[PDB]
Number of protein chains: 2
Amino acid sequence: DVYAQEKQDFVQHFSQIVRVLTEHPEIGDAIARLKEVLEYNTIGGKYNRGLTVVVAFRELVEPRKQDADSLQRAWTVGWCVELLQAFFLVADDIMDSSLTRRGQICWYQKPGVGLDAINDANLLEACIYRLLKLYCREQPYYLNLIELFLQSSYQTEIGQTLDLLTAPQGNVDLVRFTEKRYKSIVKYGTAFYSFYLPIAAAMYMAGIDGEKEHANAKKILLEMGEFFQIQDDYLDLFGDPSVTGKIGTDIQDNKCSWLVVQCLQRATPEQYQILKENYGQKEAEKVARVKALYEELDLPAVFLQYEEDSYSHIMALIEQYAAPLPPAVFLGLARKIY
Amino acid sequence: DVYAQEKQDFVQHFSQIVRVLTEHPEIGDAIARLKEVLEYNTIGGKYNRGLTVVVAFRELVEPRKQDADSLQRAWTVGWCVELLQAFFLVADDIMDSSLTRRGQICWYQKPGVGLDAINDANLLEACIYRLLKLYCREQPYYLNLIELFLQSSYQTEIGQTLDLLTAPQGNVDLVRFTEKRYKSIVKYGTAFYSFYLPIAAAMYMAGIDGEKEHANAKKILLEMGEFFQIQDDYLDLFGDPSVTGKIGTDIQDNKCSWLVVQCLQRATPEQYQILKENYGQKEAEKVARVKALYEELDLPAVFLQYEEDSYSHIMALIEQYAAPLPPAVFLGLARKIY
Ligand SMILES: O=P(O)(O)C(O)(Cc1cccnc1)P(=O)(O)O
Ligand SMILES: O=P(O)(O)C(O)(Cc1cccnc1)P(=O)(O)O
Ligand SMILES: [Mg+2]
Ligand SMILES: [Mg+2]
Ligand SMILES: [Mg+2]
Ligand SMILES: [Mg+2]
Ligand SMILES: [Mg+2]
Ligand SMILES: [Mg+2]
């Protein structure tokens, strides 16, 4: 894989990221807490989002212009994307009352952390702009990158807002769980930061700043992002936690999941009442009841049929909109998620 | 007052700020939640930080260059400072387990809000960069302002980190509460965003971007910021909530307050044990015991003597470092806080 070939170097750059962010002795204790937050949260993942920056940079920039300093900036912008995601996940885990993430207990669930994690999450976000300034201040794409990361934060936060509004705690209303709402949540909430942001960063780094090029790129990447969140919802309930590294909470959290949307599209009036009585509640028995209904409506086969249809749809979109970028930029990402 | 003369216009500009931030129908519900967050949080205060931008702009820019569009940008950057503070306070109220703010219950304490306020706080932060782009994108000071707001967030977050580390819940250790630590907390945590940020924004807007000018300005403004946080700590316990609009929690929160620092400097071994047994705990009786010790050590008179010494010290600093800026830029702010 083109990701496996660049992974080792990317992960080894993390030490430099941390050292640079850790180097006024009065704030030494705060800096040690930042190091602890960085090391706990921005490490233990697959680093696919950050790697997508590095890989896309190598495919878009002329090898002659891929010098030691330009590669360093690519690895740094890659780590900036991982830091953005670390910021969102630390905060999303509090708001979703999650237990584990990347095989360990959620940072806020750690004794002595608690709601202090809210500030820790904001520090991770601040670190992006610290790194963009330290490594890209003198580059012509500097402001493009600042604006792209700020826009990515706004889009995700709007998406998280739709997510929380559609999922009110202890307010069970399935009328809100529609396909139109679902696609809107995921587009803003996941698709921009997970797929548009990494490729767009490498594009700007390669001097590709044209609105039309970014629009064409966005058409493919937002559609891949939608499949990716549908996969995330599927794995929340039917995935193996020893593989996902996290425990699913969508049913207990009354989330507008792809699965509840598909359940509602296929449920008889009798099945609708079962779901109405058991969804969005903490009881193990009620959550087990919902999973049984999903299994009875054969949603895992519906997801597998969707994964196939989605893949063929995204491939058709790469054929239509990849030009003038190398199709490999999008094919490498499509192989990693499908 | 130079603030009273510009207040009405500034507060009336809020409607335009909200309309511009509220104007893709799919995200309509999220936008209505953003409007609710803006209206609840960025309104009910004294708006002194945002007003400081407007007033300083008028004193630094040549009246001939103070056209309709430039004034609009000044009111917008002023509202951006209020939005930064709204972001910090919504999150600080969760982390400090506060009850009220600006005469109403804390946004997170509202039924149906809760930990969703974490995302609401991030949306308020995102709104700054939305406004800076909509109104200052074509201005030569655009990047200066972006960097100044991002640096302000980082500084405050580092300061909040020192604050939370020095105040561990249920871990009563007075050994941490030193004057060196106190000054470090407040400098990063309050002084940069409250006093440096507003004047620096107006300076950049007036084309004053010189490092030496910003350094001289910072020397006065960080010292004013220190007095202001000392005043905030004093009012936390001895202020009138019907005037402050908020209930104090520093004693129950085990905070490194200016008052606990002064108590420790003057306490006998016997008085140290009383404080050790009663500080950083929820019991009304224990909090009453701490306030009695502060009254016995005559800390309100120590604060009044400090307010006098501080004022004379800041005035001496305006004489030394105000040039070439009009001393009125700093005198107007000193009258508002002293
Ligand atoms: O990692 P998670 O919690 O499974 C998730 O994908 C995390 C996340 C955070 C922010 C934006 N998008 C996705 P969610 O949407 O809560 O299902
Ligand atoms: O408004 P508060 O809570 O009295 C305060 O001043 C708020 C605040 C928030 C962020 C940075 N600085 C001050 P604090 O420091 O918690 O005493
Ligand atoms: Mg989650
Ligand atoms: Mg979530
Ligand atoms: Mg999930
Ligand atoms: Mg507070
Ligand atoms: Mg606080
Ligand atoms: Mg206070």
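Sequence lines map to chains A, B, C, ... one by one, in the order shown. Shown for chain A, in order and in the PDB entry numbering: 8-30, 35-349. Residue numbering for chain B follows the PDB entry; the residues present correspond to positions 8-30, 35-349, in that order. What's counted below: heavy atoms across the whole structure, side chains too, no hydrogens, waters or symmetry copies. Whatever order the structure lists ligands and atoms in, that order sets their numbers, starting from 1.
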Undergrad: What is the recorded name of the drug molecule at ligand 2?
TA: risedronate
Undergrad: At the binding site of risedronate (ligand 2), which chain contributes the most contacts (name from UniProt)?
TA: Farnesyl pyrophosphate synthase
Undergrad: Using a heavy-atom cut-off of 4.0 Å, which other chains touch risedronate (ligand 2)?
TA: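 Based on heavy atoms, that gives B.
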Undergrad: Any idea what organism chain B is from, going by the entry?
TA: Homo sapiens
Undergrad: For risedronate (ligand 2), is B/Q240 a contact, meaning one of its heavy atoms is under 4.0 Å away?
TA: yes
Undergrad: For risedronate (ligand 2), is there an atom lying under 4.0 Å from some heavy atom of B/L100?
TA: yes
Undergrad: Please verify whether a non-hydrogen atom of B/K257 lies at under 4.0 Å from risedronate (ligand 2).
TA: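 Yes, B/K257 has a heavy atom closer than 4.0 Å to risedronate (ligand 2).
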Undergrad: Return the residue, atom name and 0.1 Å-rounded distance of the protein heavy atom closest to atom 7 (C) of risedronate (ligand 2).
TA: B/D103 OD2, 3.5 Å
Undergrad: Hey, is B/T167 touching risedronate (ligand 2) through its side chain, its backbone, both or neither, going by heavy atoms under 4.0 Å?
TA: side chain
Undergrad: What residue and atom, counting heavy atoms only, is the protein's closest point to atom 17 (O) of risedronate (ligand 2), and at what distance?
TA: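 The closest heavy atom on the protein side is B/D243 OD2, 3.0 Å.
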Undergrad: Mind checking which other ligands or ions are less than 4.0 Å from risedronate (ligand 2)?
TA: ligand 6 (magnesium ion), ligand 7 (magnesium ion), ligand 8 (magnesium ion)
Undergrad: Looking only at protein heavy atoms, which one is nearest to atom 1 (O) of risedronate (ligand 2), and what is the separation?
TA: B/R112 NH1, 2.7 Å
Undergrad: I'm curious whether risedronate (ligand 2) gets near the natural ligand site - which UniProt Mg(2+)-binding residues in chain B have a heavy atom within 4.0 Å of it?
TA: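 Counting heavy atoms against the UniProt list, it comes to B/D103, B/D107.
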Undergrad: Could you check which UniProt isopentenyl diphosphate-binding residues of chain B come within less than 4.0 Å of risedronate (ligand 2), heavy atoms only?
TA: none
Undergrad: If you draw a 4.0 Å sphere around every atom of risedronate (ligand 2), which residues of other chains have a heavy atom inside it?
TA: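 By heavy-atom distance, that gives B/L100, B/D103, B/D107, B/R112, B/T167, B/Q171, B/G200, B/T201, B/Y204, B/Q240, B/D243, B/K257.
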Undergrad: For risedronate (ligand 2), which of its N or O atoms have a protein N or O partner closer than 3.5 Å, and how long is each gap?
TA:
unit_1                 : atom_1 : unit_2 : atom_2 : d
risedronate (ligand 2) : 1 (O)  : B/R112 : NH1    : 2.7
risedronate (ligand 2) : 1 (O)  : B/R112 : NH2    : 2.9
risedronate (ligand 2) : 1 (O)  : B/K257 : NZ     : 3.0
risedronate (ligand 2) : 3 (O)  : B/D103 : OD2    : 3.1
risedronate (ligand 2) : 3 (O)  : B/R112 : NH2    : 3.1
risedronate (ligand 2) : 4 (O)  : B/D243 : OD1    : 3.3
risedronate (ligand 2) : 4 (O)  : B/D243 : OD2    : 3.1
risedronate (ligand 2) : 4 (O)  : B/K257 : NZ     : 2.9
risedronate (ligand 2) : 6 (O)  : B/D243 : OD2    : 3.0
risedronate (ligand 2) : 12 (N) : B/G200 : O      : 3.1
risedronate (ligand 2) : 12 (N) : B/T201 : OG1    : 3.0
risedronate (ligand 2) : 16 (O) : B/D103 : OD1    : 3.1
risedronate (ligand 2) : 16 (O) : B/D103 : OD2    : 3.0
risedronate (ligand 2) : 16 (O) : B/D107 : OD2    : 2.9
risedronate (ligand 2) : 17 (O) : B/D243 : OD2    : 3.0

